[PDB]
Amino acid sequence: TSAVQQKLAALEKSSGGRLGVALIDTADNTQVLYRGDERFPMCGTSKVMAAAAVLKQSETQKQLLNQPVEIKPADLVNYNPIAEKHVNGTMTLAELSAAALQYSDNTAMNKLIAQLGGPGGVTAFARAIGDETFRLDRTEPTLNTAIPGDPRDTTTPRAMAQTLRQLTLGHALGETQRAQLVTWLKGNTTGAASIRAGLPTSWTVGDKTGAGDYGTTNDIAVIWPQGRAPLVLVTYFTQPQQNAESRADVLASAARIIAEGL
Ligand SMILES: CO/N=C(\C(=O)N[C@@H]1C(=O)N2C(C(=O)O)=C(COC(C)=O)CS[C@H]12)c1csc(N)n1
């Protein structure tokens, strides 16, 4: 183990939970992993895969993002900050993607999942871009149950870091679609206390958070440091008590550790 991994282990010990980290440094294509091949509940970080899958569809259906989708009262779930403003109205697939990614709207995520034919359609897209680990099994809100040991709606930090790299810096998506995803991630509103809080303020960051039961608190980010090659960082955290409070500070701390030297 390296000093980085040792610091992450110490953070984990003090936190009382289980911490998973994967950093990809595109400068030399190296990876730093902590519990990198253990499965963790994704919660809302899975919204990146769903939005990306719809972007992929739009590469051959060029008007798809503009397609209005009906929002019915019965569609609302447990957290619908944007969709609730469109009950008995519509949101386009672009608007649903922005809401799911930038506000972590759960109704918006369910519409993306439906557009893909269900959770299996999101998983199928993951497989198509070379992610053999990701699995989406449920819709919102049950995909965030985060039960210890439950393989449903999980991935590993290594796999999610590799996929996030391919989606944003690589070419799993077409050029316009890649840029659109990056724009959405950069404009996220929910990440100020997570990875962003542990990085220098001059660094540009795009991220997607997630949260669930068992105090599950997650963040995945693409990072552009000042005058250096970009990084991808996944920080997953989950706890023993079903009713544990969120711990965004732990993600900020992991980011602070990872940033040393970069
Ligand atoms: C059964 O589902 N339980 C959830 C849940 O809906 N998580 C989802 C997820 O991931 N989300 C994020 C997210 O991206 O972190 C926030 C972010 O919240 C805010 C106010 O920005 C809004 S809720 C949504 C849950 C358990 S604890 C918590 N906050 N949510």
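Start at 1 with the first residue, then count along the sequence. Every heavy atom of this structure was used, including side-chain atoms; hydrogens, water molecules and symmetry mates were not. Remember, it's 1-based here, ligands and their atoms both numbered in the order they're listed.
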At the binding site of ligand 1, which chain contributes the most contacts (name from the PDB entry)? Beta-lactamase CTX-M-14
Can you point out which of quisinostat, cloprostenol, cefotaxime is the drug at ligand 1? cefotaxime
Distance filter under 4.0 Å to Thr190 heavy atoms, resulting cefotaxime (ligand 1) atoms: 21 (O)
Which organism of origin does this entry record for chain A? Klebsiella pneumoniae subsp. pneumoniae
Identity and separation of the nearest protein heavy atom to atom 20 (C) of cefotaxime (ligand 1): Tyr79 OH, 3.8 Å
For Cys43, is at least one N or O under 3.5 Å away from an N or O on cefotaxime (ligand 1)? no
Please state which protein non-hydrogen atom is closest to atom 3 (N) of cefotaxime (ligand 1) and give its distance, to 0.1 Å? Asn144 CB, 3.8 Å
Counting heavy atoms only, which of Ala100, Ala248, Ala211 comes nearest to atom 25 (C) of cefotaxime (ligand 1)? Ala211
Is there a polar contact, in the sense of an N or O pair closer than 3.5 Å, between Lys47 and cefotaxime (ligand 1)? no
Side chain, backbone, both or neither: which applies to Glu140 and cefotaxime (ligand 1) if a contact is any heavy-atom pair less than 4.0 Å apart? neither
Enumerate the residues contacting cefotaxime (ligand 1) with a heavy-atom distance under 4.0 Å. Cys43, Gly44, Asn78, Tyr79, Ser104, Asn106, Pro141, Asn144, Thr190, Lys208, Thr209, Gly210, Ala211, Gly212
